[PDB]
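See structure below.
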Amino acid sequence: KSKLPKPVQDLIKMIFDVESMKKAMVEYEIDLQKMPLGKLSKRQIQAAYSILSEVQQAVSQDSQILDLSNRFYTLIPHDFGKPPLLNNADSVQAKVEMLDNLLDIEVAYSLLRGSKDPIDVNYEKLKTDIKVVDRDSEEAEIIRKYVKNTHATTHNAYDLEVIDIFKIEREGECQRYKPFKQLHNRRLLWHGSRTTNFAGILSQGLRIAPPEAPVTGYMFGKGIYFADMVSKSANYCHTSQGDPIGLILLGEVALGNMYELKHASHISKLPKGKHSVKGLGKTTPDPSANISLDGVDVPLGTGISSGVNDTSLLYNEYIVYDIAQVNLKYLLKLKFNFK
Ligand SMILES: NC(=O)c1cccc2cn(-c3ccc([C@@H]4CCCNC4)cc3)nc12
């Protein structure tokens, strides 16, 4: 019998939910006999990204493309009960999205399958210390206020309800973050992801897309993205009426000198002296309402006009291009109340 608090036990069950992993594979139309969870590999996913990149290169420049489309389905077997040809941009992005999720699903399954309560054994595999933040604490009030105040006006499909607040420490992240611990402009920001990705995120941290993956769909190039508006990140949990509970991170991000951009720029190397990109939004949390939570700026102010009209973005976003610039601090379990 596990001594872990019930919210921690319930979080471990959510994270290693095989049913959720299989349902996702069914939704992606993956053939679960030819490609069961146990047969997914890192080398297979790496090669599939390369094929999707090759697919775009061939399309940009019909027999040549069909061979690439067929090599993709041979590597990742699907069950269509005819296979849709990988020619249009939406078809390629749908497959990249599938791989991005399969990558962490592979991590979750490999951990799980690789005398004690199963919940305890699987908790230890995450190599992450997880503690419940009390509802009556100063931290919980600051965090609830951050959720409350930064829900965007255009994101009106749902209301957000905080279920549990966890304080997290990934093993080895302290050591990895040490070169950036004293960098200026450290901010507490949101990062949403599908619930099926959290086993991978807790065990391996937030990661950058591999070079093999297509460059399309990355407004500021391959990096780790964050928002200062909870709903902007909460949209990336991909919660539905079917699964209305999502997970969202609060990470301390060492932004340093921000390369401030109003439009897309596929960053390969930042300008010298710049440590991050700030995508400028039209609406920003009121800077006069910034609070410090144990030395880190928490931009929990209600949204006001940023005074920037000539931008592609409604809300800010922040990108770092080195995995070491992130130190995960909190993990929230959120209820999405769909309207
Ligand atoms: N995940 C977040 O909380 C987040 C916050 C703010 C801006 C963000 C932008 N992203 C983002 C998420 C996904 C992607 C691509 C989309 C197409 C498939 N490959 C990944 C590019 C950017 N994630 C963000």
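Residue numbering for chain A follows the PDB entry; the residues present correspond to positions 662-722, 726-745, 748-780, 786-1010, in that order. Read the numbers this way: they start at 1 and go in the same order the structure lists the ligands and their atoms. Just so it is clear, the values below take in all heavy atoms, side chains as well, and ignore hydrogens, waters and symmetry mates.
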Which drug molecule is found at ligand 1 in this structure?
-> niraparib
Provide the name in UniProt for the chain that contacts niraparib (ligand 1) most.
-> Poly [ADP-ribose] polymerase 1, processed C-terminus
For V762, counting its heavy atoms only, list the atoms of niraparib (ligand 1) lying under 4.0 Å from any of them.
-> 18 (C), 19 (N)
Taking only heavy atoms of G863 into account, list the atoms of niraparib (ligand 1) that are under 4.0 Å away from them.
-> 1 (N), 2 (C), 3 (O)
Residues binding NAD(+) per UniProt in chain A, non-hydrogen atom under 4.0 Å from niraparib (ligand 1) = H862, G863, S904
Which UniProt domain of chain A dominates the contacts with niraparib (ligand 1)?
-> PARP catalytic
Close-contact set for niraparib (ligand 1) against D766 heavy atoms, below 4.0 Å | 18 (C), 19 (N), 20 (C)
UniProt active-site residue nearest niraparib (ligand 1) in chain A, with non-hydrogen distance | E988, 4 Å
Are any of the N/O atoms in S904 less than 3.5 Å from those in niraparib (ligand 1)?
-> yes
Which residues of other chains have a non-hydrogen atom closer than 4.0 Å to niraparib (ligand 1)?
-> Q759, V762, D766, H862, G863, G888, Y889, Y896, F897, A898, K903, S904, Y907, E988
Using a 3.5 Å cut-off on N/O to N/O, what pairs does niraparib (ligand 1) make with the protein? A line per pair would be great.
{"residue": "niraparib (ligand 1)", "atom": "1 (N)", "partner": "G863", "partner atom": "O", "Å": "3.0"}
{"residue": "niraparib (ligand 1)", "atom": "3 (O)", "partner": "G863", "partner atom": "N", "Å": "2.8"}
{"residue": "niraparib (ligand 1)", "atom": "3 (O)", "partner": "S904", "partner atom": "OG", "Å": "2.8"}
{"residue": "niraparib (ligand 1)", "atom": "19 (N)", "partner": "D766", "partner atom": "OD2", "Å": "2.8"}

